[PDB]
Visitor: 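Here is a structure with liothyronine.
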Amino acid sequence: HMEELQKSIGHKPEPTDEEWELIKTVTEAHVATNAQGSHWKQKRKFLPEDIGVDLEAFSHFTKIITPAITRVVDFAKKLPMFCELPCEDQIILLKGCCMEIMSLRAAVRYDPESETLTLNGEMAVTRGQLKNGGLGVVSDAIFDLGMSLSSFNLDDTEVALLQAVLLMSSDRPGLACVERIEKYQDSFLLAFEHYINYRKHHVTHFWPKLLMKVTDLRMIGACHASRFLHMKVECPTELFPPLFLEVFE
Ligand SMILES: N[C@@H](Cc1cc(I)c(Oc2ccc(O)c(I)c2)c(I)c1)C(=O)O
């Protein structure tokens, strides 16, 4: 052990044995629940230029959102720390992280040849389409993120660990087990940092840079809560799948 003194000497600690297990678990959790795995660039339908609040865009995205929400719940269920928490807390962390995690899984499928992200592994959209379909400027935040993340060269473990950091956010309103959720967080952040030392990215100050993405995903979430209200007034209610409603209010 002895984190602060290794650092202080200039050494970059790689993962302890217990951390490599934590990493194997989050990584498999993510890889299991990540639609179409590594086979996504070919298994993807480009949404027609003409689907262009544009109601038919909205309708295509709401048709696929229910599975995408459920693959996040699945991600969480495969983290034993999440199972150690009370039911109210779990629901509370899911509702909090759900847009954050979906946004991240979209951003990391950004493709610069086509300027598209891919939703659910299956539907590639432009900025325009995602924006006009209900996301507004949340779409711009998501593409700008994905563009940026593409020099971070993240792998499945780094995305998985980001998801675990967002999932274990102890500042959500109403939580009962705050300090336990922070302990699990710190345990993820510590594994994640150690994992990045091992990765030896060729980017100056990679860690703090990656932490700044956590904040941007949080902003994308908060900002999506607001878009969702603007949608309750524009689009119906009958246009909204029931899992969508329950997660977002
Ligand atoms: N692509 C992700 C899942 C993912 C699915 C969908 I539909 C997305 O679009 C949204 C989300 C919220 C909204 O209110 C609207 I309107 C559209 C995003 I951004 C992400 C995955 O692989 O899990």
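For reference, positions follow the sequence shown, starting with 1. Whatever order the structure lists them in is the order used to number ligands and atoms, beginning at 1.
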Visitor: What is the name in the PDB entry of the chain with the largest share of contacts to liothyronine?
Guide: Thyroid hormone receptor beta-1
Visitor: With atoms numbered from 1 as shown, which atoms in liothyronine lie under 4.0 angstrom from a non-hydrogen atom of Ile64?
Guide: 7 (I)
Visitor: I need the atoms of liothyronine closer than 4.0 Å to a non-hydrogen atom of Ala68, numbered in the order shown.
Guide: 3 (C), 5 (C)
Visitor: With atoms numbered from 1 as shown, which atoms in liothyronine lie under 4.0 angstrom from a non-hydrogen atom of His224?
Guide: 12 (C), 13 (C), 14 (O)
Visitor: Is liothyronine less than 4.0 angstrom away from at least one heavy atom of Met123?
Guide: no
Visitor: Using a 4.0 Å cutoff against the non-hydrogen atoms of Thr118, which atoms of liothyronine qualify?
Guide: 1 (N)
Visitor: Could you tell me if any non-hydrogen atom of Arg227 lies under 4.0 Å from any atom of liothyronine?
Guide: no
Visitor: I'm comparing liothyronine with the natural ligand. Which residues that UniProt lists as binding 3,3',5-triiodo-L-thyronine in chain A have a heavy atom under 4.0 Å from the drug?
Guide: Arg71, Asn120, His224
Visitor: Using a heavy-atom cut-off of 4.0 Å, list the UniProt L-thyroxine-binding residues in chain A near liothyronine.
Guide: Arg71, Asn120, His224
Visitor: Would you mind listing which atoms of liothyronine come within a distance below 4.0 Å of any non-hydrogen atom of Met231?
Guide: 14 (O)
Visitor: Compute the shortest N/O to N/O distance between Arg105 and liothyronine and return yes if it is under 3.5 Å, no if not.
Guide: no
Visitor: Write down the UniProt domain of chain A that holds most residues touching liothyronine.
Guide: NR LBD
Visitor: Does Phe248 have a non-hydrogen atom less than 4.0 Å from liothyronine?
Guide: no
Visitor: Taking the non-hydrogen atoms of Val72, is any one of them nearer than 4.0 angstrom to liothyronine?
Guide: no
Visitor: Select the closest option to atom 22 (O) of liothyronine among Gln36, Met102, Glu122, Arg71, judged by heavy-atom distance.
Guide: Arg71
Visitor: Should one rank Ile142, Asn34, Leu135 by closest heavy-atom distance to atom 15 (C) of liothyronine, which comes out on top?
Guide: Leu135
Visitor: Under a 4.0 angstrom heavy-atom cut-off, which atoms of liothyronine come close to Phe244?
Guide: 14 (O)
Visitor: With a cut-off of 4.0 Å on heavy-atom distances, which residues and nucleotides contact liothyronine?
Guide: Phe61, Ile64, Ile65, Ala68, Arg71, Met99, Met102, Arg105, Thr118, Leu119, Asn120, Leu135, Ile142, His224, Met231, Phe244
